[PDB]
Student: 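Encoded as C-alpha cells, here's the structure I'll be asking about.
Chains: A, B, ... assigned top-down by sequence line. Chain A is numbered as in the PDB entry, which gives 307-335, 341-418, 421-548 for the residues shown. Chain B is numbered as in the PDB entry, which gives 307-337, 341-418, 420-545 for the residues shown. Every number for a ligand or one of its atoms is a count from 1 in the order of the listing.
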Amino acid sequence: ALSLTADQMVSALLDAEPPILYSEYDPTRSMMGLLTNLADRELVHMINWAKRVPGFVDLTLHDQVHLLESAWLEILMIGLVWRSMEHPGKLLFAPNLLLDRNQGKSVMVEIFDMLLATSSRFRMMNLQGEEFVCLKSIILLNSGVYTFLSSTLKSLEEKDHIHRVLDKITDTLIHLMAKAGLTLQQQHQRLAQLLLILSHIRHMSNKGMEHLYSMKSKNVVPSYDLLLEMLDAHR
Amino acid sequence: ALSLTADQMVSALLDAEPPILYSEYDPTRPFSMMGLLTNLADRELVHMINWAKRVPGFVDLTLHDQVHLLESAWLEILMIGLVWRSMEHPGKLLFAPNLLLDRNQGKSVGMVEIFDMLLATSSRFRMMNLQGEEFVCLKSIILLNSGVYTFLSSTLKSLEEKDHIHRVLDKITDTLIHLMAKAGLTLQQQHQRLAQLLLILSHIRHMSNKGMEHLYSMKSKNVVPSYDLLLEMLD
Ligand SMILES: Oc1ccc2c(c1)CC[C@H](c1ccccc1)[C@@H]2c1ccc(OCCN2CCCC2)cc1
Ligand SMILES: Oc1ccc2c(c1)CC[C@H](c1ccccc1)[C@@H]2c1ccc(OCCN2CCCC2)cc1
C-alpha cells in the first residue's frame, strides 16, 4: 500500500472513482426529498470507493467507520463541486438535476452559495481530475484523524499509518504538478492553495450537518452501526 | 507587503504577536467557568484586531473585507493561540497563565467535547514539533483564508481584493517553505510538512464551528461579535 509509486497511486484513485448517479423522479408530469434520496444512494458507492483508497482497508473496521463518519458529507460535497465546475452558477447534483441558487430557496440557499463559490474557485485554479481524486482521498483520511480519542498502542499505529498514507498523497500531488511542468515554487504554492480549500469544505459540511440534525429525523445522519454494517463486508 | 523577503515576513509576524493575557478573577477567593473564558476572549479580541492590522497585506484590503475576514476567523484565531500556548502542557489547556485547565474542569459549563478537540490539536502540534515561526505563519493564513471563499461579491473591487489575498497567501506559503529549508529539511520533507501543517487548519475550522454553535445557542445579545462592532474596532 505504502510501496505504490506516484503514478500507481493516481491510477488506483482514478480506477476507484464512484459512478455519477441520477436523481430519482418521474421526468414526465420535494427538493430535500430528491437530494436526500440521491445522497443515500451515493453513500453506498462511497463505501466501495473508500475501501479502494490505498491504505484505507489496512485500518481497523472501527477506524474506517470513524473516518467515514467524519468525512462523508465533505466527500459528497467535493464530488458535487467537481461535477459542477463546468456549469457556472449552477450545481450539478445529478445530470438530470442541475440547479441554480434560486432553486435552492425552497428550503438551503446559504449552502448552495458556498458550494457555488467552491466550484468557481476550482474553475479559477483549473483543477485537474487527478488532483481532485487526491484531494478527495485526503478528506477521507484527514477529517477524522484528530478525533480518535484513543491512545491505545493500536491507535498510535493507526494514526501513524494514516499520516504515512497522507504523506504519499502529498508526494503524488507534487508529482502531478511536476509532470505538468510547474516550477518548484508554483508546486508548493498550488499544493497550499488546494489544501486550503479543504478547510472551506469542512466549513460547508458543518453547516450542512447542522441542517440534517435540525430535521430531527431518525435516519438523516448515518449511524455508526449503519456505517459499520456497510463497511463490515463478508467475503 | 508583496515585496517582503521571507525573513522580513517572519520578522513582521513575530513582532506583530499579541500578548498573553491573564484571566480576571480574585485568586484569593474560592474557585463562572464560561464567564471567565468569555471575559478572557473579549479582551483578547481587542488585541487580535491590532495584530490583524500588522499582518502584511491585511490593511491593504477594504475596511469591509477586513471585517469579513475577522468575522470568519476570530474564533479559529483564539483557538490556535490557545493550542499553541498549551503545547508544552500535555493534557491541559493554558487559557491563561493563571488558568490552566484539564478536561475534567471542562465538564462544568457541552464543553468537554470542545476541550478534547483542542487538547488533541495541541498533542498534534507537540508531535510535529511545531515552531514559533511556523505558528505565526499558520495564524496569518487562517486570518486570510477563512473568509475568502464567502465574499459573495464579484464587483471589480472584490475581484482585486480576492486576487490580493491569494497573492499574500502565496507569499506566506513561500515563507513556510523557506523556514523549513532553513531548518535543513529535504524538498520532500518540506512539501510533506507544509501539507501536514495546512491539513491541521481544517480541524481548527471544525473546532471553531463547534464552538460557534455553542455561543449561538446561548441566545445572548453580544456573544457573537457583530459586523458593526468589528467595524468600530477596525474603524
Ligand atoms: O451529491 C450530493 C447529493 C446531495 C447533497 C449534496 C451532494 C451536497 C449537500 C446537500 C445538502 C443540502 C441541504 C442540506 C444539507 C446538505 C445535499 C444533501 C442532502 C441530504 C443529505 O443527507 C441525507 C441523509 N442521508 C441520510 C444518510 C446519509 C445521508 C446529504 C447531502
Ligand atoms: O484564548 C481563548 C479564550 C477563550 C476560549 C478559547 C481561547 C477557545 C474556545 C473557548 C470556548 C469554550 C466554550 C465554547 C466556545 C468556545 C473559549 C471561548 C469562550 C467564549 C468565547 O466567546 C465569548 C464572546 N465574546 C463575545 C465577543 C467575542 C467573544 C470565545 C472563546
Student: Hey, what drug is sitting at ligand 1?
Tutor: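 The drug there is lasofoxifene.
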Student: State what lasofoxifene (ligand 1) is bound to in this structure, picking the chain with most contacts and naming it per the PDB entry.
Tutor: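 Its main partner is Estrogen receptor.
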Student: Within the structure, which other chains come under 4.0 Å from lasofoxifene (ligand 1) at some heavy atom?
Tutor: A
Student: Extract every residue of other chains having a heavy atom under 4.0 Å from lasofoxifene (ligand 1).
Tutor: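 Heavy-atom neighbours of lasofoxifene (ligand 1): A/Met343, A/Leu346, A/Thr347, A/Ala350, A/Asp351, A/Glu353, A/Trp383, A/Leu384, A/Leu387, A/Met388, A/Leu391, A/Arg394, A/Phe404, A/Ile424, A/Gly521, A/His524, A/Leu525, A/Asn532, A/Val533, A/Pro535.
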Student: A/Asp351 versus lasofoxifene (ligand 1): do any nitrogen or oxygen atoms come within less than 3.5 Å of each other?
Tutor: yes
Student: Kindly confirm or rule out an N or O of A/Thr347 lying under 3.5 angstrom from an N or O of lasofoxifene (ligand 1).
Tutor: no
Student: Using a strict 4.0 Å cut-off to heavy atoms of A/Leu384, name the atoms of lasofoxifene (ligand 1) that fall inside it.
Tutor: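 Once the distances to A/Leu384 are compared, the set is 30 (C), 31 (C).
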Student: Return only the organism name the entry records for chain A.
Tutor: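 Per the entry, it comes from Homo sapiens.
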Student: Any idea which atoms of lasofoxifene (ligand 1) are less than 4.0 Å away from a heavy-atom of A/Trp383?
Tutor: 22 (O), 28 (C), 29 (C), 30 (C)
Student: Are any of the N/O atoms on A/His524, whether in the backbone or the side chain, positioned under 3.5 angstrom from an N/O atom of lasofoxifene (ligand 1)?
Tutor: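 Between A/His524 and lasofoxifene (ligand 1), no N or O pair is found under 3.5 Å apart.
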Student: Just wondering, which UniProt domain of chain A does lasofoxifene (ligand 1) mostly touch?
Tutor: NR LBD
Student: Report the UniProt 17beta-estradiol binders of chain A that come within 4.0 Å of lasofoxifene (ligand 1), using heavy atoms.
Tutor: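 Sure - UniProt-listed, with a heavy atom under 4.0 Å: A/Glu353, A/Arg394, A/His524.
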